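Okay, structure first, notes after.
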Amino acid sequence: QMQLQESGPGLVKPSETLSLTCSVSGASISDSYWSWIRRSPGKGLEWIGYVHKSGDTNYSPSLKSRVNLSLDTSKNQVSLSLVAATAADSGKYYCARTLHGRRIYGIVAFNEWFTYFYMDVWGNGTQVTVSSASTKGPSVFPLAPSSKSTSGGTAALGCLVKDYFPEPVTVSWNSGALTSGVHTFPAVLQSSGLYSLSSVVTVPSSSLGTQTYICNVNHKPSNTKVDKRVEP
Amino acid sequence: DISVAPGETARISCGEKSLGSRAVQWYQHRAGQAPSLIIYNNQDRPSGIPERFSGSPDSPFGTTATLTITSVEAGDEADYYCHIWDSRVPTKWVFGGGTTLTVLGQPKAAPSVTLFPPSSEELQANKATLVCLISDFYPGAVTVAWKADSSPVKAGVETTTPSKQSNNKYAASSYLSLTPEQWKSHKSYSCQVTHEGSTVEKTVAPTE
Ligand SMILES: *[C@@H]1O[C@H](CO[C@@H]2O[C@@H](C)[C@@H](O)[C@@H](O)[C@@H]2O)[C@@H](O[C@@H]2O[C@H](CO)[C@@H](O[C@@H]3O[C@H](CO[C@H]4O[C@H](CO)[C@@H](O)[C@H](O)[C@@H]4O)[C@@H](O)[C@H](O[C@H]4O[C@H](CO)[C@@H](O)[C@H](O)[C@@H]4O[C@@H]4O[C@H](CO)[C@@H](O[C@@H]5O[C@H](CO[C@]6(C(=O)O)C[C@H](O)[C@@H](NC(C)=O)[C@H]([C@H](O)[C@H](O)CO)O6)[C@H](O)[C@H](O)[C@H]5O)[C@H](O)[C@H]4NC(C)=O)[C@@H]3O)[C@H](O)[C@H]2NC(C)=O)[C@H](O)[C@H]1NC(C)=O
């Protein structure tokens with residue numbers, strides 16, 4: 001059937017041009033209108049614009065000055081170009097076939113109709129971050145053992161994986177030899193533009209005496225591997 | 001943003017009251033999934049969409065568009081957007097709604113909160129991070145306020161949105177970033193997680 005796939009630089013420095021590509025398979029772009037929609041982390045679904053071979057093409061007024069939707073029949077692709085990108089342009093960008101209908105509520109004669117558009121087929125969306133952030137490896141801090149929050153006989157210890165960029169970070173413990181009781185929290189995107197995550201593992205309190213706990217933080221984006229011994 | 005049990009009927013209002021005549025589309029945005037058209041032309045269900053999903057009819061004027069989901073199931077937990085097209089109102093480029101329908105497919109679970117103080121290492125590096133780790137709560141909505149001694153702390157707070165852990169319960173993080181000064185000076189700092197009316201509050205102190 002029709003499948004859509006948005007692709008493009010997942011990360012874009014502010015003022016640079018966000019350009020995305022919707023690759024349509026099992027349908028001609030020429031058979032449909034095409035919309036781009038973004039979900040900005042702020043407020044939900046922003047219909048960016050739509051484009052047809054017709055030339056029936058319109059852009060969100062908030063983006064009209066900056067955006068260029070565009071069809072490439074040979075490449076069978078819808079393309080979005082958003083110049084002068086800012087953090088507000090961060091979000092998941094969806095390509096969608098746009099269908100349309102007439103809503104005829106009076107009589108055509110009195111012009112009592114309108115064309116409405118709707119998107120039946122959406123691509124998965126490609127996340128786009130507009131960030132001044134440059135690749136930064138993580139400071140990894142030990143979260144020394146704490147019994148307060150865990151069940152009896154056990155304690156939580158962790159590694160705070162602080163101020164890295166971009167995603168992702170991988171944390172294992174004792175080189176994967178400790179999987180039981182491990183909870184790696186998803187990262188937080190901070191004001192810094194930087195991510196921090198924590199990974200706690202809950203272990204026998206008895207073992208703090210003897211068992212060595214090393215979290216193995218891996219942040220391939222910066223080719224950093226940290227192995228934090230977490231002591232009590 | 002509303003919660004219903006499976007089987008209950010979800011009614012979702014979205015957008016202003018109708019001015020002229022409308023074709024309202026509804027879209028369902030399941031977490032991580034692509035959105036899907038679930039209603040077009042006010043009431044018309046696209047092929048595939050179950051009869052459980054009804055839309056609101058065009059007239060009378062002054063009507064609020066309303067998605068009705070009956071016999072709600074877990075698959076219905078999503079964001080729901082109407083896209084209103086009204087004859088006398090300019091074309092909406094931002095989908096109305098974003099109304100998050102939560103399907104309470106399990107009972108309320110109390111948040112487990114772990115709070116870690118700044119590591120020495122961190123303080124050595126002239127930084128200080130309080131880590132609040134919140135886990136195993138349901139539904140996945142918490143509120144996290146930090147307190148220095150007993151005063152609320154505005155800045156330094158970065159809190160993740162919740163995320164499903166494997167056991168279908170939710171987890172979250174809140175970090176409080178401090179200067180070592182800020183940390184060493186207040187007698188305590190508290191991570192207060194409010195979930196579903198109840199509050200867990202962990203506290204740590206520079207004296208450790
Ligand atoms: C748009 O987005 C869509 C939808 O996105 C999804 O939905 C969103 C909301 C979110 O959840 C996203 O994560 C989703 O992706 C997306 O389409 C999706 O694409 C996904 C992956 O890209 C698919 O994921 C799969 O999902 C299934 C479950 O699907 C059910 O639920 C789905 C989602 O919930 C739903 O979509 C479906 O309707 C369905 O109801 C899941 O099971 C899959 O998991 C496998 O695959 C991943 C990697 O793909 C892997 O990480 C997992 O561990 C798992 O791998 C399989 O693991 C099992 C168990 O371990 C293995 O079984 C064992 O196999 C061995 C074989 O041994 C080997 C060997 O090492 O020797 C393997 C060798 O390589 C092989 N050698 C050779 C030469 O072949 C051999 C060989 O196989 C035999 O030895 C020959 O005899 O052996 C033995 O058989 C053992 O006995 C056996 O136990 C498997 O082998 C292993 N296989 C694989 C393939 O790795 C997976 O996660 C989504 O389903 C899919 N959804 C849809 C609708 O398409 C889409 O991409 C996006 N659109 C685009 C294009 O942009």
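Residue numbers start from 1 in every chain, and the chains themselves are labelled A, B, ... in the order their sequence lines are given, proteins ahead of strands. Heads up, header says this was done by X-ray crystallography, 2.8 Å.
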Drug at chains A and B: PGT121
Molecule name in entry, chain A: PGT121 heavy chain
Chain B - name in entry: PGT121 light chain
